[PDB]
Amino acid sequence: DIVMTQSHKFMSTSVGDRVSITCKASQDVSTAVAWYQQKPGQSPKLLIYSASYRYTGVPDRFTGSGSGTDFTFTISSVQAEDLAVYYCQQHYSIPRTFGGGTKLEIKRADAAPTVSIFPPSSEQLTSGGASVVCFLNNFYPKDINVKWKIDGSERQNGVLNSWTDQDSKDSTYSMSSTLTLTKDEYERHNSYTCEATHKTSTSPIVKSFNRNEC
Amino acid sequence: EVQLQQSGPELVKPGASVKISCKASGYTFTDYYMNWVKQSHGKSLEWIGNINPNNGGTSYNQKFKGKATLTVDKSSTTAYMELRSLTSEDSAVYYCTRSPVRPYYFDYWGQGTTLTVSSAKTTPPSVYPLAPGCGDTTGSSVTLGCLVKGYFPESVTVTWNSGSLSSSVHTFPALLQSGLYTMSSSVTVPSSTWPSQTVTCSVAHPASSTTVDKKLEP
Amino acid sequence: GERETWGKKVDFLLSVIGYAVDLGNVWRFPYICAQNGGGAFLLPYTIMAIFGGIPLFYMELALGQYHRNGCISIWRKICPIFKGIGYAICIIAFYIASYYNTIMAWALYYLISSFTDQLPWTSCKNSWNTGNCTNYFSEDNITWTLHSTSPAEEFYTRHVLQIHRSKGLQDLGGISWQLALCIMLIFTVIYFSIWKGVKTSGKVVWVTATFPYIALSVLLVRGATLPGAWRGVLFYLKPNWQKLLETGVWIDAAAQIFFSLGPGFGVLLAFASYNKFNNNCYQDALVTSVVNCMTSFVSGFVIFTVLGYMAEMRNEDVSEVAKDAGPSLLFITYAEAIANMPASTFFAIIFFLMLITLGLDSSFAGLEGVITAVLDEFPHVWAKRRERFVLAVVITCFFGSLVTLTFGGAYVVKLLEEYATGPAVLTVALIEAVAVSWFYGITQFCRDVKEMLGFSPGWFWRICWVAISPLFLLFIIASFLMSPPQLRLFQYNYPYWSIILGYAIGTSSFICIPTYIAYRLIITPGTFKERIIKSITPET
Ligand SMILES: CC(C)CCC[C@@H](C)[C@H]1CC[C@H]2[C@@H]3CC=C4C[C@@H](O)CC[C@]4(C)[C@H]3CC[C@]12C
Ligand SMILES: CN(C)CCC[C@@]1(c2ccc(F)cc2)OCc2cc(C#N)ccc21
Ligand SMILES: CN(C)CCC[C@@]1(c2ccc(F)cc2)OCc2cc(C#N)ccc21
Ligand SMILES: *[C@@H]1O[C@H](CO)[C@@H](O)[C@H](O)[C@H]1NC(C)=O
Ligand SMILES: *[C@@H]1O[C@H](CO)[C@@H](O)[C@H](O)[C@H]1NC(C)=O
Ligand SMILES: CCCCCCCCCCCCCC
Ligand SMILES: NCCCCCC(=O)O
Ligand code: NA
Ligand code: NA
């Protein structure tokens, strides 16, 4: 069989920068290599076929090159909506094999993480539970510390951090810190506080609220 | 208008079988090979095999020989793929893509099919609203959201006001724990639309077929 | 009193090579070699030759030069009951000549259509092409469709063969007159080569056996100069040793070498019949066989250089371009490859002419064996004139080929070639291999070789004649009978009853040997042991 090797699993670039992905094959392939684009949550989309040729309904900013084993997919003007995972696939010998996939992350300026803390609703209190939420929206990059505080004490148990994929409009990550607790323990504490440490500012963003009917 | 519509999500116990459909339109169905591609969570694409609609000329991969069975129907122009002896590895997203004879590229793909192979019970999602406090500072924009706790499998859809509007919303990936998934959603809307109009989050679960809608109240 | 001889050692010497080398050597060996281990296939191909092909070729070639009798009368001097063998072969020949010449008729129809400045299978603007037809020197970006076809494929499919006018074995009539005229010209060109006996068959051979090597040389240099031709050579020589673990490829190689040498038919017997008595047989058989194989080996390069160029011009994966395993590899793929080359008319003419000259000598010998036997069995009852009997055979073969000249003819070619003639020739060859070694005695055979060559044959050959060769044919016969291959040709699968038909044609060929054994056994008086004793002992 044939093994299509993609060395770079991840590549970083900025809006407007020239980016190129390499595709390594097992044996010689001559002309036949196709490049596919798969946006997060969508099906793969054909961009390039036969090394250089473009498929119908594809912008002029997508180009292809290479002849043999090493091939190159080139994007000149990276747009915000060009955020997707790119694959390369040979189409000469049976069976048809793909590559590892290169997740093209977009590099931009720093952004201040808007933090918003939310109290447990009455519908959740009816069932017998209480989860304090701490949302972190619009920031860059992905690396960011999240510290919880129930009543001045650093809470570490019952905390779940969830990082979303990069955005395709302004390229800003977003994460959610969840603190799931019981109702009995929730009715024994009043003011909750979640904070976040980022590289935009040295001072961690602090959010707090009171249980005493807001 | 070349469209390929597959079937919905499938939750099946290990050892059983599952069949996935593929309705084709917008082109001459008897002109192109029909293919199936398996994609695991976080992994790459994997060509299962193709089939010739004219006579059902099947061509499988050595890695999938005796694992998948491809069939076709010209009367309705629909392809089918059947999987037996299901394991946790088969829990993946499957596509059906059109392809010519030469050059062998995949021009049009289906939307995909989320397969989950597990003996875990189909658990209905717990929909708990997440409304901002009455002591917060209403600035130029307020952030809303809803919470989904405990469901199986990874088959849930949270919409906002029938998809209008959703310029500023953030959906957080499902986290699996104790056999049950848990996720959350948020939306950033200006202070000139809340709490004036009606903003209601919808949580649908196709596996359990349960649609619970909750309106946000300050 | 006596019979004739050879005009020169070479003519027969070539003549037998002209018999051995054919179309199968050109296209059949490269494919089966490429799909079964590649270059690795060279290992079991030789083992099945040395142990199985060569001893049968030499053992078959010795008896003919010793007894100097035909395929029929030689059994009267060995085992009269097996004399029916000599008849069976004859019947066999009648089937063989029914399709073997129609291929040359196709190549001839291609040759006469290759005198135009613009070759027919290059453009789609013809009276036989369809809307699917798509050629090159056309718009770029073209993408192949499931229903799309190539101008060469159309030319072979809808013009010369005209197979679209038949629904299969069921409805295949009518008959095409063009290929009838071609096969008539061929049945005429083989007439003037055999009618004068072994004098012309050793003189015409000079042209028919030497030309294919020149043509293969030209096509070899040409194919070697072609860009990306290393892909076909790579795929053609890429070692896949795992294939050797399969018990099938060995059987494939065995059948391949057996069919390529084509022993146990009486052709070698007849060619050996007209030769010196003190003449050597060892060196002859050895040299001839080594040529038949080497010729196949270089033919592999001749094919896969051009197919490598074809895969380069397309998109690699040579197997894809060489998916078809038949005449389509030459009449479509190779032809379409020729059309896209400079001086395409030249390389086409020498190619089709090469095919014709490749089949002609094999036909000469094929008929020559039967004619020789029949004349030797019915002497001077027969032999009053040779042109009369030869013509009488040729005409009968022509009327017997009318079934093949139909629109659905290639189907009958496959069916007869694979389900009928092949197990029957292997079978009768098995009866011969058993009859010579176990009835006449291998010791007396080695004594006869000791008489001719002056020295008894080695233990290596004796041990091959005793057990290796009969089991060699036995493996092939058993392998086929245990699992007959599913037939397929031009997107058309053969009916389930096809094997019933072929066998019916197969069994009806050797009906003469058991009924002839019963004839002698019912004719000779006395005890059955006495009749069988007179049926085992050579003629007083
Ligand atoms: C040469 C002679 C002795 C061979 C005759 C053997 C007979 C029994 C064989 C030979 C050809 C065969 C036939 C070939 C064609 C057809 C047409 C198909 O629609 C039904 C099967 C049928 C009818 C087959 C029946 C069996 C058959 C008639
Ligand atoms: C390619 N596929 C396997 C078809 C070939 C089958 C074959 C055949 C028929 C009966 C048997 F008992 C054994 C082999 O028919 C003709 C023939 C010629 C050669 C040569 N040179 C080799 C094999 C055969
Ligand atoms: C073997 N060498 C390569 C020549 C092949 C031509 C052939 C032959 C015999 C009678 C004819 F009238 C014309 C041609 O010679 C023997 C033979 C056996 C089978 C089988 N099964 C098929 C073809 C033939
Ligand atoms: C092409 O071939 C298919 C079947 O091989 C046939 O149905 C179709 O009609 C052909 N095209 C045209 C234009 O006739
Ligand atoms: C490329 O080939 C396809 C074949 O289906 C054709 O539909 C398309 O029009 C071609 N592209 C252009 C630009 O003509
Ligand atoms: C000597 C072995 C015979 C092999 C040739 C085919 C035998 C046929 C067996 C019976 C079926 C015949 C169909 C009528
Ligand atoms: N319908 C007949 C099929 C066989 C063709 C020979 C014939 O026309 O009699
Ligand atoms: Na041969
Ligand atoms: Na010949």
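Going down the sequence lines, the chains are called A, B, C, and so on. Numbers in chain A track the PDB entry; the residues on display, in order, are 21-234. To match the PDB entry, the residue numbers of chain B are left as they are there, and the shown ones run 20-237. Following the PDB entry, chain C shows residues 77-616, kept in their order. Going by what the header records, the deposited coordinates were determined by X-ray crystallography, 3.2 Å. Only this structure's heavy atoms are used, side chains among them; waters, hydrogens and symmetry mates stay out. Both ligands and their constituent atoms are indexed starting at 1 by order of listing.
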Chemist: State which drug is located at ligand 3.
Modeler: escitalopram
Chemist: Drug at ligand 7 - which one is it?
Modeler: aminocaproic acid
Chemist: From the contacts in this model, which chain binds escitalopram (ligand 3) most extensively, according to UniProt?
Modeler: Sodium-dependent serotonin transporter
Chemist: Counting heavy atoms under 4.0 Å, which other chains neighbour escitalopram (ligand 3)?
Modeler: C
Chemist: Which residues would you count as binding escitalopram (ligand 3), with heavy atoms within 4.0 Å?
Modeler: C/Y95, C/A96, C/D98, C/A169, C/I172, C/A173, C/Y175, C/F335, C/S336, C/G338, C/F341, C/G442, C/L443, C/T497, C/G498, C/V501
Chemist: Which UniProt-listed Na(+)-binding residues of chain C does escitalopram (ligand 3) come close to, with any heavy atom under 4.0 Å?
Modeler: C/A96, C/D98, C/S336
Chemist: How many other ligands or ions sit closer than 4.0 Å to escitalopram (ligand 3), and what are they?
Modeler: ligand 8 (sodium ion)
Chemist: Can you help me out: which of the UniProt transmembrane segments of chain C, N terminus first, have a heavy atom less than 4.0 Å from escitalopram (ligand 3)?
Modeler: 1, 3, 6, 8, 10
